[PDB]
Visitor: 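For discussion: a PDB structure holding trametinib.
Chain labels are A, B, C, ... in exactly the order the sequence lines appear. Numbers in chain A track the PDB entry; the residues on display, in order, are 41-74, 81-275, 307-381. Residue numbering for chain B follows the PDB entry, covering 652-685, 687-814, 818-932 in order. Just follow the structure's listing: the first ligand is 1, and inside any ligand the first atom is 1.
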Amino acid sequence: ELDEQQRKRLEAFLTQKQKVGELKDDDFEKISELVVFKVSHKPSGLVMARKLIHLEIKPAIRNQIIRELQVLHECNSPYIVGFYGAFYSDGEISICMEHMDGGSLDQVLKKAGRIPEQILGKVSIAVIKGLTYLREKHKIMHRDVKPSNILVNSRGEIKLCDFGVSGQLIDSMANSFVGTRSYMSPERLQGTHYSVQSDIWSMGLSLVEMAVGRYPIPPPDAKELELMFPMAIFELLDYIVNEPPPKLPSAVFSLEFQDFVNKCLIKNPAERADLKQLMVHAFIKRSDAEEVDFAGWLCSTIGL
Amino acid sequence: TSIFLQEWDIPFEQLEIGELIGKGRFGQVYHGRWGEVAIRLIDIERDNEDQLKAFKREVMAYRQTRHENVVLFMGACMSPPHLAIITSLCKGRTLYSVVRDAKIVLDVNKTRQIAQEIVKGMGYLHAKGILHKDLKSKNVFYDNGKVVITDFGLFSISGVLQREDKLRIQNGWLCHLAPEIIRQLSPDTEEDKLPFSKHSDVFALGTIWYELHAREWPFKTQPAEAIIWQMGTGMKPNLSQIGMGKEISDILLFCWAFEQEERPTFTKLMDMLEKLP
Ligand SMILES: CC(=O)Nc1cccc(-n2c(=O)n(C3CC3)c(=O)c3c(Nc4ccc(I)cc4F)n(C)c(=O)c(C)c32)c1
Ligand SMILES: Nc1ncnc2c1ncn2[C@@H]1O[C@H](COP(=O)(O)OP(=O)(O)NP(=O)(O)O)[C@@H](O)[C@H]1O
Ligand SMILES: Nc1ncnc2c1ncn2[C@@H]1O[C@H](COP(=O)(O)OP(=O)(O)NP(=O)(O)O)[C@@H](O)[C@H]1O
Ligand SMILES: [Mg+2]
Ligand SMILES: [Mg+2]
């Protein structure tokens, strides 16, 4: 849990720390959409991304959300994106962030066909160190791991975002969006006590999706597996809870990788591999000590 | 293709439009004068004949309603694309706000009384073959004992669900939906096509009975997906954690019954609420 070439740019982040001061709307000029926007700060030439969370809600509560949010200035590590400030303008709280040239791993997946195992090797260490950092350095679990909230850059870093700092902001947003791709753990759907074990399941499920190029529930029939190489919300969630978990195809992926996802996708969260059980696993100790130009893989596939 | 305001039994000379009453997902709701009134301005596609005579479908059903526990439907002029539904204006506060104000005592005797009022009105609507389809505490009004239902039938023509293959789910909606409805929510779900029923409406009353005593919605802790799965497979709270007796808790077991045919009609529910301590 230390490296000097990432102690280099952690600190050069805290040098653009001083440049921001405080922030509100007119400082920012919109560039493009990515809901969140690409922004251009004016007192400080930094190019950021700005969240917009429309909330329609009391005096005292905002003050206590933004002060609950101020915990993100404190947390810093090479496996978590960069936080600048939080303010409220015009019925919409706005979190301004570090911007990411590459986008979410959902972004890159739909442009690529599938993502190779060697890269998701390195992706897996980024996630596991991130979650390990946040638990033992801040006593918080992510609560929402999915491909769209893992972001990558043309420099080569992988870090997580959109995790739960403020117990209230959870309570105050009025409506959630429920589609056909769920990453909630079976223990979280049943209303049982949960730990960072849930984030491990969410990681496992995202990995098999990225390795196959398709959301894996319900699993495909023999015809679509050959090719690759109408469902109601409730019965998808019920599939997650009662049918066996998805698994990678035995043919095209290494044993170390298959056993990795299989341990992340165990239903019983007690038998599921815990955070650092995963870091002595064969698959990532093999993957840690490999040379893959992540920056090069990215720029060639999305085109930048 | 046209509804005129001269078509109504309430003689109408002029209609003044005042300030907005509140935010809401279905049209805007202004103060108005006629007597004092509540005007709901809805907008519709210019040339969607389906949506329109299906709106007209609904409103003159309402023209036959009058009941002391049902807000007075007064008129609906329709010169497309601009619609308007005009009802009596409710004094006092909504049941939602009253339940969530700690300065108001809600003893077991009062909660039985509020619930019997809502039931009487719902029985009337059902007797005339009108389903509510959105009964909830933001749609009930309470002014020192006077209890009035509002917004019945609007959900069919509402459009409150309307992202890409992602259904928008408001807080506190799901915990009103009976399991037969929960089990088919999908990003393709249309308000026109959900299986609402008289039984679904009794379920929604059950949610209000929980809310009257816990003074919060059920499944408050939990996210939307957890609520869908928990309610689809039939899991439901009780109120023994706050020291409520058996009778109060039995109301829920009946109203929230998993198979529809086991829940009472509002007439039977009216009896069950009579026999409380
Ligand atoms: C029941 C339950 O699990 N609720 C839940 C669970 C996990 C997440 C959320 N939640 C969320 O979903 N988003 C997503 C929808 C956009 C958030 O952005 C989001 C958020 N922002 C954010 C955070 C960190 C950084 I570095 C940048 C950011 F922009 N912060 C600060 C939160 O504290 C929460 C709690 C968020 C809600
Ligand atoms: N800092 C960022 N840099 C680049 N792209 C971003 C950034 N934050 C978000 N995005 C992108 O913005 C889009 C929408 O993100 P978001 O509003 O968080 O919703 P979502 O990812 O589709 N699902 P969710 O994150 O759970 O709300 C996605 O394509 C993200 O990759
Ligand atoms: N007849 C009425 N008298 C007084 N206030 C009313 C009346 N009808 C609606 N309101 C208020 O007008 C606002 C909008 O109502 P409405 O459009 O039904 O939204 P809502 O039902 O409260 N929430 P939702 O339907 O879930 O989006 C709310 O503040 C209501 O309390
Ligand atoms: Mg996100
Ligand atoms: Mg209402």
Visitor: Hmm, which bits of this model belong to trametinib?
Guide: ligand 1
Visitor: Could you tell me which macromolecule makes the most contacts with trametinib (ligand 1) here? Its name in UniProt would be great.
Guide: Dual specificity mitogen-activated protein kinase kinase 1
Visitor: For trametinib (ligand 1), which other chains have at least one heavy atom closer than 4.0 Å?
Guide: A, B
Visitor: Identify which UniProt domain of chain A contributes most contacts to trametinib (ligand 1).
Guide: Protein kinase
Visitor: Return the PDB molecule name for chain B, nothing more.
Guide: Kinase suppressor of Ras 2
Visitor: Please provide the UniProt active-site residue in chain A nearest to trametinib (ligand 1) and the shortest heavy-atom distance, rounded to 1 Å.
Guide: A:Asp190, 4 Å
Visitor: Looking at the neighbours of trametinib (ligand 1), which other ligands or ions sit under 4.0 Å away?
Guide: ligand 2 (phosphoaminophosphonic acid-adenylate ester)
Visitor: What makes up the binding site of trametinib (ligand 1) if contacts are defined by heavy atoms under 4.0 Å?
Guide: A:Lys97, A:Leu118, A:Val127, A:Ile141, A:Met143, A:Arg189, A:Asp190, A:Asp208, A:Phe209, A:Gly210, A:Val211, A:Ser212, A:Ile216, A:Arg234, B:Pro878
